[PDB]
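Structure, meropenem (bound form) included.
Going down the sequence lines, the chains are called A, B, C, and so on. We number chain A the same way the PDB entry does; the residues here are 587-730, in that order. Numbering of chain B is taken from the PDB entry, so the residues present carry the numbers 9-110, 117-182, 200-492, 498-730, in order. Residue numbering in chain C adheres to the PDB entry, whereby the residues present occupy positions 9-109, 117-182, 200-492, 498-730 in order. Here the PDB entry sets the residue numbers for chain D, with the shown residues being 148-182 in order. Each ligand, and each atom within it, is numbered from 1 in the order the structure gives. Side chains are part of it too, since the values below use all heavy atoms of this structure and drop only hydrogens, waters and symmetry mates. A fraction of the deposited model is presented, and contact counting is confined to that fraction.
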Amino acid sequence: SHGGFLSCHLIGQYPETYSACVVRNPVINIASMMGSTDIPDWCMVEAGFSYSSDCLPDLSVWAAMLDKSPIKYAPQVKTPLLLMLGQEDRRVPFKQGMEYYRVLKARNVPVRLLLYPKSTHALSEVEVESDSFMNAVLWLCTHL
Amino acid sequence: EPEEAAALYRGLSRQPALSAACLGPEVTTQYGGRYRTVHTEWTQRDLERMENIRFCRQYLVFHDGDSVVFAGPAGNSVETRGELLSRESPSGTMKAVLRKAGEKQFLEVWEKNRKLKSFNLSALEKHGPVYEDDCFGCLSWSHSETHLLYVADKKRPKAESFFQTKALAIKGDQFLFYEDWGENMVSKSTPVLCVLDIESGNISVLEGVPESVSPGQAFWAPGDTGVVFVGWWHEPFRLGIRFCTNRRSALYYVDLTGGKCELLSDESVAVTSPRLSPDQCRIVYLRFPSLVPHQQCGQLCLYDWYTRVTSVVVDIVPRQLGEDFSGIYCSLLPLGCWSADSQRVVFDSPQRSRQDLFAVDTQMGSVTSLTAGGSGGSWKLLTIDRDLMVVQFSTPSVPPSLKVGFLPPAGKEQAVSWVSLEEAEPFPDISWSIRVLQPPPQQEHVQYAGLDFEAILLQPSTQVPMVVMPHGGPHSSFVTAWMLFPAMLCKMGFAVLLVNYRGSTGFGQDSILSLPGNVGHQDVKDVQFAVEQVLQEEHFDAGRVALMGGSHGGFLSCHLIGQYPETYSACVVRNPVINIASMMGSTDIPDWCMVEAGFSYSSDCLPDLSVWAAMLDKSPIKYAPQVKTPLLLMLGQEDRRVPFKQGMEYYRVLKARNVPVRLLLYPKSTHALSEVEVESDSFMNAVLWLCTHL
Amino acid sequence: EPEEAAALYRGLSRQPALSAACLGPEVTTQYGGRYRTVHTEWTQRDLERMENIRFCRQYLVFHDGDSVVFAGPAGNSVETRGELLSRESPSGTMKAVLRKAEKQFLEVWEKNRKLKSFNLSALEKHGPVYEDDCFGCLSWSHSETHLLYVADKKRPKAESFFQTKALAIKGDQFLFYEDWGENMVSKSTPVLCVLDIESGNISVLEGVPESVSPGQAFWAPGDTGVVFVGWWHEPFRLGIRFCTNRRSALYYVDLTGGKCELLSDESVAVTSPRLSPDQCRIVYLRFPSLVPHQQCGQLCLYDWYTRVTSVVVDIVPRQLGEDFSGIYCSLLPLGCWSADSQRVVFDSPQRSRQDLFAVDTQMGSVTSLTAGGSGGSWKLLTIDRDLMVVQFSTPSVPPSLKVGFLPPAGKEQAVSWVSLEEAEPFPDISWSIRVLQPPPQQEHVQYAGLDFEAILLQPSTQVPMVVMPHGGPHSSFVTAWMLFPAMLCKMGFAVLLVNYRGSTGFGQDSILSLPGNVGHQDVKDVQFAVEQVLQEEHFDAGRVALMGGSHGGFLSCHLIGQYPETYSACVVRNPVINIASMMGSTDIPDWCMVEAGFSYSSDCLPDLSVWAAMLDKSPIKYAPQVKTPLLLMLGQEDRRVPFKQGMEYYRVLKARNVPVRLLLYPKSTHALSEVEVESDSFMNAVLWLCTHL
Amino acid sequence: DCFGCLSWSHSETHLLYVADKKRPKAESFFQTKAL
Ligand SMILES: *C(=O)[C@@H]([C@@H]1N=C(C(=O)O)[C@@H](S[C@@H]2CN[C@H](C(=O)N(C)C)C2)[C@@H]1C)[C@@H](C)O
Ligand SMILES: *C(=O)[C@@H]([C@@H]1N=C(C(=O)O)[C@@H](S[C@@H]2CN[C@H](C(=O)N(C)C)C2)[C@@H]1C)[C@@H](C)O
Ligand SMILES: *C(=O)[C@@H]([C@@H]1N=C(C(=O)O)[C@@H](S[C@@H]2CN[C@H](C(=O)N(C)C)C2)[C@@H]1C)[C@@H](C)O
């Protein structure tokens, strides 16, 4: 979630420190998340503006949102990454991870993507939880 | 009145439409006469069962030489269930059918009054589900009539969980992501070519297809030595393919055994619809030379099998080539399109506001119109065999009808005589006409000067209210054919105006290329000018004008109610485009937003402030605060080309300001809303909204 | 060899069979030619989908008014799904279809359009529609404005005593409703329904007597009323399927008012009425005795305007010439009248053949249209404007389709058949007919001089033989295409099918000879036929086997019990084992009383003498003597012959330590007709026979 | 645990809880009716 956002920022801004990364449902582009999330005021508040139900698009605001998102640093990434998305998540739409995945794949960076068609943000079902934990452990033990 | 509207819809929806036709072998009699049979397939809506039913019918044609002497029916209609694909053999003695039953998929071979053979594809376990669409699917007979060729999904390795219990597969791969080809292509990721031997019943998957292409539209090469197919590039990722002709692809030939594959055309443009000639010496196909627009004017090209020479038979038309031809705009050719001499080809294409039939000589390059002149109408060519054509004809006030004809010899194709096989009853209370519009001086394009456009007006045969419809696309158009909803509106007392603004297909390549980079400014003004001219000319009631549109047509309607708030009294939209910038990151065709905004598209892009501002400046949401027209919104929750959150954002903006809005959400429908129940419900709701608010 | 047998079965089961045919309207040409279309329906087994599939085909016939000039195909076959009944209109312009899709829909088609559709379930005027040949029907009005059919009567709603209602009769949920027996599950009381096409309204006719079940209805002349057949169901119902001895009568009822009148006698059985093209007279079949389940019948005629009834064709004791022996069909073709409204055509068994006959209703003469030759089986599917469509087959030739023209009166024997669809013969099978004369010690006390027949198939000595008696016992074998006998013949066996005294098609004396003698006269006829055939063809006497079902299994058990040294193997299907125990559990209790030699009464009570006779006539009495290995195959849901009879026989044999193999099908009836069950049973039987000989 | 609850009255004779609001029934424009 907000913790996957930070991890992508870290691997984009410090390309030498880390050698592996796993993210479940990261926030990737704050500007494009506003129109699809169930809590649009979160995007406004965390970017430094006041939310209003009558507010319309304003290019000045949309500039701040883009400058604070990890996608901006995509071209500098080299760390192998594992993505695990839930297709029914309503707070963080799963297209967010897809954009990052496409950007990384266009540059031949090693990426592994798992998609759970019936899971929400938490991936809390026993089968999904066990499979995701096993895959993450295997990734970490192999790439280190 | 809901009851009267329901009765009218019941009456209008009963008219069926043609889907396919084929011809049988010739038969001789001891008296010397000659006749042959025609097989046709029809589809019809059924409101009691709430489903689309499909049935078959057969006809008889007695001919003496190259002339039709008599035609008649040969029995009653028979309903069918579970047929995906079917193809008669070259000699006409056997028939191959793909069916779903049980569900499982079966391949059946019929001869006369017996089902000779059946194969259970699921049990053999050599591949996945078979493709039945028109993009990749096919079903072809060998020239020896011993083998069959088709396309099916590639087999995936078995996977299992880390914690399975075994009795006293790759672990962890159950949820690996497989990318599919987009809207109306759910679960279709990578096809493969499959060959079935009828005698032995063994299935093989051909080897040698390049790893980075998806194959399709395959047929047997001369001598049955190999297979010719079209490959679409899917690296680094797939872009929506349905309803687009600008996807990079090429033509390949592959040997039956060995793995050798050779390229037969260029590899930088789009190609489609290859057809081998009856003499087996040449191939004709369609080529689109730029990848920018989703629909455009195309070229007709020819390839010689034995000399290996490629040539251009028909080239791009900038504005017009005479008064009858304006370019090639069809996305496919008929399955049977060659004349008996293996020198001429026949097809159908839009031409301004009509749809006509054309014959092309592949040696000289001349194009001849077979249906020129008259008031108008829409023709469709279903097949040709031994110089006998089967066609469908319709107009805005006449449901589809079936005809047959003989293609005259070279140089006299305009003297064709049509014979009727199945006629339809007209509706004399609808009258239709075509209007031509010339943009005013202040609206001329900087580089393409002098373009004009058109509209189609239907009216009963200042008192009459009017409804305005722009088409989607934006590179599409309306043609003077049978349309259910406009006919219903006309029979309820409305007048209907369908607008083909600059950028529509069938008016030259200049019209196609004039629109990009100007969406939201040029088309809106074209529609407004047409509305004003029609109002001033026919003297309709200016206080009862309404709008109705889907997809890009909804985008235009929202723009219009936002920029001219005092002109329209009601509006109905379906799956509209509302915010291009936010749409870019969620649609299956991201290149469309960039192209229509006025920029080039490339993979490995990145968000930029300038491009995002340009996209935001062209969106109808910017005018939301000015709107005061009552609005009805209808959305499909599973639409993948236009996500349903655009309409939700528009709805929230309007709701926060106390504007009257009515929202309907269909949780299992796509962009089309083509299911019988959903379609009927949406049409009834729209008609009631229009009648109540005007 | 299981693989070779499976391949042979796959090859043989591919041949389709005809089920129905109809003719279309005549069409003229500017050149003067005249042609018309023929619509046919076929059915075929599919082993991959394990199901019976049905498809349709169409043909064209060009004629000159009295002769066929050309015939040809008019397209490919089209498979169909969910069609229960269908009927073309009198003028040939519309078509009515009953479909299931589950719900039931009545549809009307005209050219390339599904004009109308009606959802019967939603209207809620009746229950499921009848689709069988006993009660079901679907008829057009002469004005082509109304439709008539038959459906189950609506039952009042019921609910439990403890239902919870939001803030019907209580206790009637499990009331018993009696049905009509085997292959008639859940069918209790039908009713006549009329649908008006223009308005959409359904009505249930009033005036049917409370104590009858109506069926086989059609519109009366002038569309004033309806003519139907009513079967008595008091005090309780007896099995109706495959029986022609159920009491019934013919009734006419007005459309509105409730007046109902009787048109025939009320003490015998009547069936199969057909109105003439001119709408002046009606023919039907009458059976005057209720004792036997099949017998010789009469053909009777009724005049609409004079109200006079007469007998056109009467019972035949032994024979009427060398070509006719009586009427033994249970139904007439839907279209059976000549264009002059004076002659009728039908098909019937005749000794060991099945022939076509034409009858003049004014003079009463019967003429055979297919007399002479080696044999064969014909079936007439329809006639319209003097054009007949027929199916033909033989033991070594699968079914074929032909058309013909009926010659004028006095010359019907000169008919010329034109082939529409031919089948490929099997030249490795040869068949013949044998005649057998019982010896002096086996003559009947009252019917002296009767002889019987057998059909012998063989490849074209050390040849093994398989013997088959038919069920019934009032039934028979005819020289037609039979799948299993052909499969056996193609594997190297010889096959002998026996028509013992009491079979249909040999006169009423043969029918009446058997009752009261089951287990004695039928067992000795079969044994005599086997002995006679063995000594003449010089087959291997040490490799003779038996195979039979129902009454044929009863005979086979009797034979292996009374002649333990003659047969080396035996296969039976749903056999009758103990008549006395059968009486109290079957759906046709009168059969046990009649075949044992007594009369049946609805108020009968158990008696010692009758029970003793039934026990003395049962094969179980010979169980201790049996030593032949046995394969027994039973269907658990059979209602005419409960599956406990075979269980008792199996228990006795097992307790005596005899080799036995038992198969039980938990969802099958007496026929074992499902594709999977049928194939499994045939393969098991073939393997048993091959291994044990 | 945002809206749901289950409560006893002090007299212990009544119960209180929360549930979704009832919605009026609807039907298609083409539904067939029992004659
Ligand atoms: C991701 O961080 C998005 C949202 N913020 C949340 C947070 O507070 O961490 C989560 S919900 C929260 C986390 N664990 C609990 C939980 O998920 N369940 C009990 C199911 C509560 C939420 C996805 C953030 C970007 O808004
Ligand atoms: C909306 O217009 C979006 C896309 N453009 C379309 C168009 O060409 O009109 C449609 S698809 C096309 C229109 N009618 C056909 C159809 O819908 N079916 C056959 C189901 C094909 C498409 C959603 C545009 C904004 O991208
Ligand atoms: C067994 O023979 C029992 C009954 N008599 C029969 C007979 O006539 O042979 C059968 S029904 C008859 C035979 N073949 C047809 C058939 O089985 N189907 C169409 C399914 C009809 C019946 C069980 C006898 C002991 O009563």
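Bound to meropenem (bound form, ligand 2) with the largest number of contacts is the chain that UniProt calls Acylamino-acid-releasing enzyme. Under a 4.0 Å heavy-atom cut-off, the other chains found next to meropenem (bound form, ligand 2) are B. For atom 14 (N) of meropenem (bound form, ligand 2), the closest non-hydrogen atom of the protein is B:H707 NE2, 5.0 Å. The residue of chain B annotated as active site in UniProt and closest to meropenem (bound form, ligand 2), together with its heavy-atom distance to 1 Å, is B:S587, 1 Å. The closest protein non-hydrogen atom to atom 1 (C) of meropenem (bound form, ligand 2) is B:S587 OG, 1.4 Å.
Counting only heavy atoms of the protein, atom 22 (C) of meropenem (bound form, ligand 2) lies nearest to B:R677 CD, 4.0 Å.
In this structure the covalent anchor for meropenem (bound form, ligand 2) is B:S587 OG. B:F274 CD2, 3.6 Å is the protein heavy atom nearest to atom 21 (C) of meropenem (bound form, ligand 2).
Closer than 4.0 Å to meropenem (bound form, ligand 2) lie no other ligands or ions. Every atom of meropenem (bound form, ligand 2) is numbered from 1 in the order shown, and the set under 4.0 Å from a heavy atom of B:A708 is 20 (C). For atom 5 (N) of meropenem (bound form, ligand 2), the closest non-hydrogen atom on the protein side is B:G509 O, 3.8 Å. Judged by the shortest distance from any of its heavy atoms, B:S710 lies outside the 4.0 Å radius around the atoms of meropenem (bound form, ligand 2). With ligand atoms numbered from 1 in the order given, meropenem (bound form, ligand 2) contributes 7 (C), 8 (O), 9 (O) to contacts under 4.0 Å with heavy atoms of B:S512. Applying a cut-off of 4.0 Å to heavy atoms, one finds the binding site of meropenem (bound form, ligand 2) to be B:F274, B:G508, B:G509, B:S512, B:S587, B:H588, B:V613, B:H707, B:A708.
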